[PDB]
Amino acid sequence: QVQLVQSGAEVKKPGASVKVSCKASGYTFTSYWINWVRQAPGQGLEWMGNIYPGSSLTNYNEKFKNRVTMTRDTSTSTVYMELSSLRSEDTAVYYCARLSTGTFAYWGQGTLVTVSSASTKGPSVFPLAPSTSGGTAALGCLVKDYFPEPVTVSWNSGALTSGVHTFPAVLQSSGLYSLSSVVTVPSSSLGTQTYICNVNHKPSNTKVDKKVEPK
Amino acid sequence: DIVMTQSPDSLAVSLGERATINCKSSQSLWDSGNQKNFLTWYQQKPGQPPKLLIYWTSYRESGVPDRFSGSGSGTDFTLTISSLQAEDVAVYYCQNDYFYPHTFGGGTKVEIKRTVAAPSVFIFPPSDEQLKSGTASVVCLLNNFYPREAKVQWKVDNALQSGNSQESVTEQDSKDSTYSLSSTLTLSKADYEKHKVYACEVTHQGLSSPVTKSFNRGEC
Amino acid sequence: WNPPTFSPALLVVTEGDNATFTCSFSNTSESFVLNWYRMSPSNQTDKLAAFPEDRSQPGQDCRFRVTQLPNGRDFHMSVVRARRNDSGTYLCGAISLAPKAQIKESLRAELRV
């Protein structure tokens, strides 16, 4: 099949430069245009540039005058994207895509580049205890003060999926992220079923299974 | 440079009716050498790479359903969904595919319009485990409401808070087409120990009167 | 290179038969993809098949198929088990894979079932 696998996530400091790889397979790599598109959190897509692997022809965006650089490697069928003089505004998920006009469009899975002076910190998991209402009760976990993204939260090892709301993270003044995950259940189940949120933060080797007991 | 303006910014359509999105370009996207209007339409769901729907203004990519149809010529273009299904909720971008740069439009959020639904409001006092440190976090949860417009205000001993709270909303739920909001008021333990009444007051179209949920510190 | 030729301009075929078009080129390009297009009543264009074939590409129906003739310039856009739904207008087009891609599309030929 046609596949575009991008390099993994990276955290960089302001002023540094990142290089994202995109390995094409399943077609004549040297004949199709490869585009780069980024998306900052809470904003639309932004075209970044073009590269034709056949002759390394590039079409950069004027927004990144001398920061963007696209190259190719025919021996490994990989295209690279380099962005220098990084800012906090450059925090985004970056996509590579094979977009030759009139032909089918394929997309890489994306690559998250976090630009921040913060350092890796494991999250604290606080229980949001119920009591609750008359009919339904709500309980949750507060995952506070971690860097970088992402955190994976599940309930009862993934066995509790109904009424679960994991809210998107929020960047705080400390440069750390914070999210909460809630779940609504019948009021009669508070004392008949155990509830455990399973928080996982891989960059800091944090693994916490907090039991949410009522108050 | 091509400027792509998308109007409306957000669109609410009932399940099964027609949605129309507009895209106006600063210059003509017509190509005399290929006899095509080079404009592309994209669909992107949260947490997913974009998906190409329409290229060359009115050409459908393989696998794109019947309801999606592009139109327009020159500087005015339009994407139309004839039967908006649940799987269509996403942001739609028009893109200049004619001249470089291939600038995107601002996008248009397409949500399912449903009946008014009030939020279920909950307030969680800070955990005692958090009270081992120097900060205190109070969370106010708004569960399953429509429309998305909601107002949350924090009160400490009947003193309106400002500049010390953050919030975030989920995506429209696939089952009931509702939203959930989570707001976190952050205080220092010193400030938390100096006040008794904590409350969040919700103002929503589904509430006849604003709903307030409070608690007293140290009381259960 | 010249635009291809989609013949016959009108092909009337009974229901449930083998209707076959012919997309012929005078001279071919070094790198190109050939597409089979059908116009929908919404004034849209749908890509049914494409040469060379990509088995991983979704949306392809097993009914419509494109076949390269031995001379390499002519192609066979055949549909098997034709339905009354298939009645419409069709066309073939080629897009070169050069940096500056050029579109070369045929005229429209109508199908009746």
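Labels below follow one simple rule: chain letters A, B, ... track the order of the sequence lines, proteins then strands, and each chain is numbered from 1. Values reported hereafter were calculated over all heavy atoms of this structure, with side chains retained and with hydrogens, waters and symmetry mates removed.
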Could you tell me the main partner of chains A and B here, using whatever name UniProt has for it? Programmed cell death protein 1
Can you identify the drug or drug candidate present at chains A and B? sasanlimab
Any chance you can list the epitope of sasanlimab on chain C? Use non-hydrogen atoms and 4.5 Å as the cut-off. C/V33, C/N35, C/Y37, C/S40, C/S42, C/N43, C/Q44, C/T45, C/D46, C/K47, C/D54, C/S56, C/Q57, C/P58, C/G59, C/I95, C/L97, C/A98, C/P99, C/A101, C/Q102, C/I103, C/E105
Identify the residues of sasanlimab whose non-hydrogen atoms come within 4.5 Å of chain C. A/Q1, A/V2, A/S31, A/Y32, A/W33, A/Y52, A/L57, A/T101, A/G102, A/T103, A/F104, A/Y106, B/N34, B/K36, B/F38, B/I54, B/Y55, B/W56, B/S58, B/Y59, B/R60, B/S62, B/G63, B/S69, B/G70
Map the residues of chain C touching sasanlimab onto UniProt domains and name the domain holding most of them. Ig-like V-type
Provide the organism that the deposit lists for chain C. Homo sapiens
